[PDB]
Every structure is written in C-alpha cells, then in structure tokens.
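Heads up, the thing below is written out as structure tokens.
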Amino acid sequence: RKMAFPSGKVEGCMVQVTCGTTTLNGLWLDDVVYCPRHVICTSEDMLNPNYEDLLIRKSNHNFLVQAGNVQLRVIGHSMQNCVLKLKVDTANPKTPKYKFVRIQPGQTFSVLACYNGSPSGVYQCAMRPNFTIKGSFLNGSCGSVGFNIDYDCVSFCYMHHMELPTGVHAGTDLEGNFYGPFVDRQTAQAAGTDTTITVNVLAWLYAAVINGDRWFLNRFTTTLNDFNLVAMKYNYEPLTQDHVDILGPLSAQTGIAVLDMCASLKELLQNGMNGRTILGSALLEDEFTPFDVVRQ
Amino acid sequence: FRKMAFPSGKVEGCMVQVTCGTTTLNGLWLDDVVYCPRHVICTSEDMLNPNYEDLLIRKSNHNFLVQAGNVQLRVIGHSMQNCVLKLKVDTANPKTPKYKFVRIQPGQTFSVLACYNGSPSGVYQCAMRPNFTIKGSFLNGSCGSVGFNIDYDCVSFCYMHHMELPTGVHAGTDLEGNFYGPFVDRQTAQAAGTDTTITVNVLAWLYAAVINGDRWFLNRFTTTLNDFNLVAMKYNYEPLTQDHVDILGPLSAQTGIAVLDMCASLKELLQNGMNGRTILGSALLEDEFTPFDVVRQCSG
Ligand SMILES: CC(C)(C)[C@H](NC(=O)C(F)(F)F)C(=O)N1C[C@H]2[C@@H]([C@H]1C(=O)N[C@H](C=N)C[C@@H]1CCNC1=O)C2(C)C
Ligand SMILES: CC(C)(C)[C@H](NC(=O)C(F)(F)F)C(=O)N1C[C@H]2[C@@H]([C@H]1C(=O)N[C@H](C=N)C[C@@H]1CCNC1=O)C2(C)C
C-alpha cells in the first residue's frame with residue numbers, strides 16, 4: 001500500500017493562527033510559528049495584496065496563536081518569501097528532530113490536513129511534474145504541512161497555500177518559496193498539463209516483480225529514445241539517464257534490465273490490463289518512488 | 001478525493017515490543033496492561049498445531065520481555081482473553097489516550113498503524129471486507145499492529161493483526177481477542193472466502209463524486225430495493241438494506257440526489273460499465289469509503 005508516515009511527531013507542532021478575521025494553521029517548531037503570509041489578508045486584499053505594506057501595519061499582538069487551549073505570546077514577526085515566521089514566548093516542548101527540505105517533482109510525502117490547528121487526517125501523495133499536489137484541502141486548511149520521517153527526523157517539505165481551478169493544490173517549501181510558477185494571490189492561474197511520473201511507474205512495476213507477478217513482462221527491449229518517443233504520446237514524463245541509473249538496484253535485484261522493463265511499460269500502455277491488477281491496482285501507479293519500493 | 005487515515009499520534013504512544021523466547025511482535029500498552037496476539041507464546045513449531053491452554057500454563061512472567069522504546073517494562077502478571085494475551089506490567093503508560101475497545105461490522109473502515117519491533121512504520125485506511133478479511137499491507141513482525149477510529153479525543157480500537165491468508169489478504173481479532181471471520185490462529189491451510197463489494201460504500205463514493213462535480217453517471221431513472229438487489233446479487237454486491245438507505249440520507253440531502261435515484265445510476269454502471277469514463281479519476285468503483293467517511297472529508 002501507499003502508506004503515510006505516522007503523524008504524531010507533526011501533530012504536536014500544529015497550532016492555530018488568527019489575524020483579524022482570518023484563521024489558518026501554523027507550524028510550531030522551537031520558538032517559531034511558521035504559517036502562510038496571506039493570514040494577514042482580508043477579503044479586499046486577496047486580488048492584489050501588497051504584503052510588505054500589510055505586514056508593516058501589524059503589531060505582535062495582532063497575531064493570536066493558540067496551541068490547544070493555551071495562547072502563545074507572539075514577541076516578534078518576520079516575512080520570509082511567502083511564509084510568516086512568528087517568534088513566540090515558548091519553545092515547543094514537543095519539537096521533534098527536524099529539518100527543512102525542498103523536494104523535486106516525483107518525490108512523495110505525507111500530508112497532515114488540519115483545520116483550526118487540529119489534525120483531521122493524514123494521507124500520502126506526490127509532487128506532480130507540474131509542481132502541484134493532488135491533495136484533499138478545504139477552507140481553513142492552509143498551513144497544513146507535508147513531510148517525510150527518516151530515523152525519527154521529520155523533513156518538512158511542503159506548506160499548503162491554495163487550490164487551483166482543476167482541484168489540485170499549490171504551496172511552498174518551509175522557506176516560503178512556491179513549488180512551480182504560482183503566487184499567493186487570488187488571480188487567474190492554472191496548473192500546466194500534468195504528466196505521469198514514469199520513473200515511479202517503473203519502480204512500482206519492479207515492486208510487482210519482487211512481489212512475484214510477471215504477467216506483464218514481454219520478450220522485447222527498447223532504446224531509451226524509442227521508449228520516450230512512445231511514452232510521451234501517453235503524457236508520460238520523459239525518462240532520463242539519471243532515472244535509469246536510479247532504477248539500477250531494482251534492476252539488479254530482479255534481473256530485469258531497465259530498458260526491458262521499459263518495453264513492458266510500452267506494452268501495458270498499448271494494451272491496458274485486460275482485467276488484471278498489479279499490486280491490487282487497475283491503474284498504473286505513479287506515486288510510489290524507487291526509494292519507497294526498497295523501503296517496503 | 002483522498003483515502004485519508006486518522007492522525008495516529010495517540011496510538012503511536014501505545015505501541016511496544018513483546019518478546020517471548022524467539023518470537024517477537026507488537027503490543028498495545030494501555031494503563032498497566034499490554035495487549036498482544038496470544039501466538040507470541042508459540043515457537044515456530046508450536047504454531048503448526050498449538051495448545052494455547054498448555055503453552056500458557058508453562059509460561060511465567062519472566063518468559064515475557066516488553067520494551068517501550070529504550071525502557072524495559074517488567075511483567076507482573078499474565079492471562080489470556082480469547083486470542084489476545086494480556087500482560088500486566090509494573091508501569092502505567094503515561095500516554096494512554098481516552099479509548100474504548102469496539103467490534104466493527106463488515107464494510108466499516110478504520111486506520112491501521114503498521115508497526116515492527118514496537119516501532120510505528122506507517123498508517124493507512126482500511127475496510128473490513130464482507131468476507132471479514134482486510135486488504136492490508138503487513139510483513140513479518142507486523143502482528144499486534146492495531147486498527148482504530150477516532151471520535152473527539154477517544155480512540156476506538158477495533159482490530160489487532162494476526163495473520164496473512166494465501167491470497168495476500170489479512171485476518172485479525174478485535175481487542176477482546178474475538179476473530180473477525182472464520183479463521184483460527186494456527187499455521188494451517190485456510191483461505192479467504194469469495195468477497196463481495198460493499199454497496200452502501202460505493203453509493204457513498206458516488207455521492208462524493210457528485211459533491212466534487214463529477215455528475216455524468218446521473219440519469220433520469222429510479223429503482224426499487226428489490227429490483228436493485230436482484231442486480232446486486234448478480235454482480236457480487238452486498239444486498240442493500242433499508243438501514244443503508246437512511247444512513248445515506250444526509251448525503252442524499254446535501255446533493256439533492258435521492259438515494260433511490262443514485263441506486264439507478266449504480267445499476268446502470270454495473271450492467272453497461274463505464275464508456276471508458278472515470279469517476280473521481282478512478283477506473284473501478286471504490287468501496288472503502290463509508291458515508292460517514294465522505295461527510296468527514298467533504299466537511300473537514
Ligand atoms: C480556491 C480559491 C479560488 C479561493 C483560491 N485559488 C486561487 O486563487 C488560484 F486558483 F489562483 F489558486 C485560493 O486557494 N486562495 C485564495 C487566497 C488564498 C487561497 C486560499 O484560500 N487558500 C486556502 C487556505 N486556507 C486553501 C484553499 C481553500 C479552498 N481549497 C484550498 O485548498 C490566496 C491564494 C492568497
Ligand atoms: C503467512 C503465514 C503463511 C506465515 C501464516 N498464514 C497462515 O497460516 C494462513 F494462511 F493460515 F493464514 C501466518 O500469517 N501466520 C502463521 C502463524 C501466525 C501468522 C503470522 O505469521 N503472522 C504474522 C505476525 N507477525 C503476520 C504475517 C507475516 C506475513 N504477513 C503477515 O501478515 C500464526 C497463524 C499463528
């Protein structure tokens with residue numbers, strides 16, 4: 001299964017941030033609360049916000065930060081790209097070992113969706129090639145974060161900011177830089193055409209072989225360029241030599257050369273599943289990374 | 001629309017490691033009791049045809065090693081309830097949540113916190129299948145992992161993991177040690193029965209599709225429970241009951257599609273398939289969202 005990481009280490013960091021009439025989630029790590037800067041916007045500000053001007057007018061006491069039933073005293077504030085950093089009185093005693101990481105398209109992570117500072121649910125997802133997330137976010141969900149956990153260290157990679165017209169989601173890393181060409185402004189924008197994460201589909205096919213299914217293999221191989229010429233006709237991402245190298249261990253462990261697995265994928269695209277499933281799915285799964293495969 | 005699990009933090013603080021001889025699995029630590037599958041008291045060879053009464057008599061407190069992180073918990077008593085072992089320990093879990101033990105029905109969903117060596121590994125959302133199995137993801141050492149729901153700070157534990165059947169699906173007990181399904185904790189040939197699709201959940205998921213603006217499958221027709229159930233039996237779908245209809249009532253009122261109107265859509269989808277089209281991006285009809293699940297996610 002696509003699994004999320006256990007969310008407890010992040011649940012202990014979620015807080016509520018309110019400025020005027022607008023309330024969203026904040027991330028409380030040590031003595032800083034991170035949250036999307038449009039918390040300082042009213043409704044008349046969303047179309048063309050001047051964030052420098054909106055922020056200079058705020059005092060510390062304009063920011064109401066609540067961690068459960070406890071109010072946290074804001075003692076300083078600062079804007080870093082599209083994220084606000086609220087310095088508070090108190091270091092979060094539940095701060096886990098953590099770091100901030102900016103991820104690349106195709107990378108997976110877990111999302112803890114929150115409202116009013118309290119967690120609602122957790123799910124796994126991927127950063128799409130068009131720098132969006134196929135998330136599940138409602139009003140008040142901004143400031144929810146995405147993360148991985150490695151040896152009890154939480155790497156925060158995503159903070160939620162907005163929803164695009166096709167229902168997909170856009171946000172920033174924890175230094176406030178958007179993924180993709182989006183802005184925290186309620187102006188017309190749209191995700192680029194989204195493609196399938198080819199390297200993840202192939203890793204998942206290798207996972208199927210490791211799991212003992214081989215029905216989709218064939219006797220063909222392919223050059224890299226012929227594979228990409230075919231796959232791009234199905235809106236699959238081009239497979240780079242770096243992707244080929246990445247799959248090397250899985251290729252060695254199964255004895256199926258990467259370009260031979262590429263030939264199998266070409267045939268699967270041409271034929272479909274003919275009523276079969278692969279690892280319990282009737283679709284070609286692309287939100288499972290080569291790293292994820294080895295780690296499960 | 002995402003398959004979302006509950007936040008797992010309240011449960012993570014209850015997972016411990018239980019070892020009896022060579023056999024190690026996970027245990028659930030609530031106040032001063034650790035709950036785990038009773039087959040922990042088995043050697044590999046015992047598991048082929050165990051006599052649990054006798055194997056438990058021969059054991060003492062000193063046969064059990066319980067580890068909560070870096071800390072050993074001393075076992076001061078032991079007993080069995082059905083297929084669950086209960087280890088009384090010298091220290092009450094200071095992270096014990098408000099909780100209840102509940103037994104769920106086929107078609108109900110829950111989150112699983114997958115654990116190995118007492119350490120939580122991942123969380124995912126599951127349904128109790130009509131054939132009482134669960135389509136989980138469980139490896140060696142996963143026994144004792146639990147499934148749960150949360151309602152307002154109270155964790156309702158409903159599943160504890162015991163075994164994997166030859167089709168790769170899974171069987172376990174409630175926290176009182178009562179099996180779900182006709183399975184026994186013995187390493188002997190057993191198999192999942194033929195499964196069916198959870199009709200009330202497919203309907204809930206069609207309401208979620210409508211809520212999300214996916215409306216092409218709606219049609220002008222209505223049907224009856226009797227007529228729908230005749231086509232349901234044909235396609236290996238759980239018969240739809242009057243309880244299912246009232247349970248769907250709120251979704252029916254939020255969307256303006258009467259429940260019997262939606263059943264006609266599902267009927268049509270079941271016979272003619274899809275014209276290649278998708279619903280919520282899905283090629284198949286999804287049945288692991290309950291009506292409550294759809295309301296929670298669509299309302300936050
Ligand atoms: C969807 C809406 C048309 C309203 C708008 N979108 C676009 O303007 C775009 F289309 F350009 F993206 C949009 O998301 N916002 C408008 C305003 C913030 C953001 C916003 O309300 N964020 C919410 C945080 N709590 C999460 C949203 C709520 C609905 N579902 C979500 O995930 C900012 C971009 C500054
Ligand atoms: C799969 C195996 C053929 C080994 C066997 N299955 C059947 O005997 C069945 F077919 F009858 F079910 C089986 O699961 N067990 C045999 C033995 C316990 C159980 C068991 O090892 N449980 C594991 C607990 N850590 C979790 C398993 C590990 C693999 N994936 C899992 O989920 C008991 C039934 C007493």
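Letters go in sequence order (proteins before strands), and every chain restarts at 1. Both counts, for ligands and for their atoms, begin at 1 and track the order of listing. Computation of the quantities below employed the complete heavy-atom set of this structure, encompassing side-chain atoms and omitting hydrogens, waters and symmetry-equivalent molecules.
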Drug at ligand 1:
nirmatrelvir (bound form)
At the binding site of nirmatrelvir (bound form, ligand 1), which chain contributes the most contacts (name from the PDB entry)?
3C-like proteinase
Which other chains show a non-hydrogen atom at a distance under 4.0 Å from nirmatrelvir (bound form, ligand 1)?
A
Taking UniProt's active-site residues in chain A, which lies closest to nirmatrelvir (bound form, ligand 1) and at what least non-hydrogen distance (to 1 Å)?
A:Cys142, 2 Å
Any idea which part of A:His160 is under 4.0 Å from nirmatrelvir (bound form, ligand 1), heavy-atom wise: side chain, backbone, both or neither?
side chain
For nirmatrelvir (bound form, ligand 1), note which part of A:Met162 has a heavy atom under 4.0 Å away: side chain, backbone, both or neither.
both
Hey, are there any other ligands or ions sitting under 4.0 Å from nirmatrelvir (bound form, ligand 1)?
none
Which UniProt domain of chain A has the most residues touching nirmatrelvir (bound form, ligand 1)?
Peptidase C30
Which bit of A:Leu24 gets closer than 4.0 Å to nirmatrelvir (bound form, ligand 1), counting heavy atoms only: side chain, backbone, both or neither?
neither
With a cut-off of 4.0 Å on heavy-atom distances, which residues and nucleotides contact nirmatrelvir (bound form, ligand 1)?
A:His38, A:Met46, A:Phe137, A:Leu138, A:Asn139, A:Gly140, A:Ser141, A:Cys142, A:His160, A:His161, A:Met162, A:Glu163, A:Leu164, A:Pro165, A:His169, A:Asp184, A:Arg185, A:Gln186, A:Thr187, A:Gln189
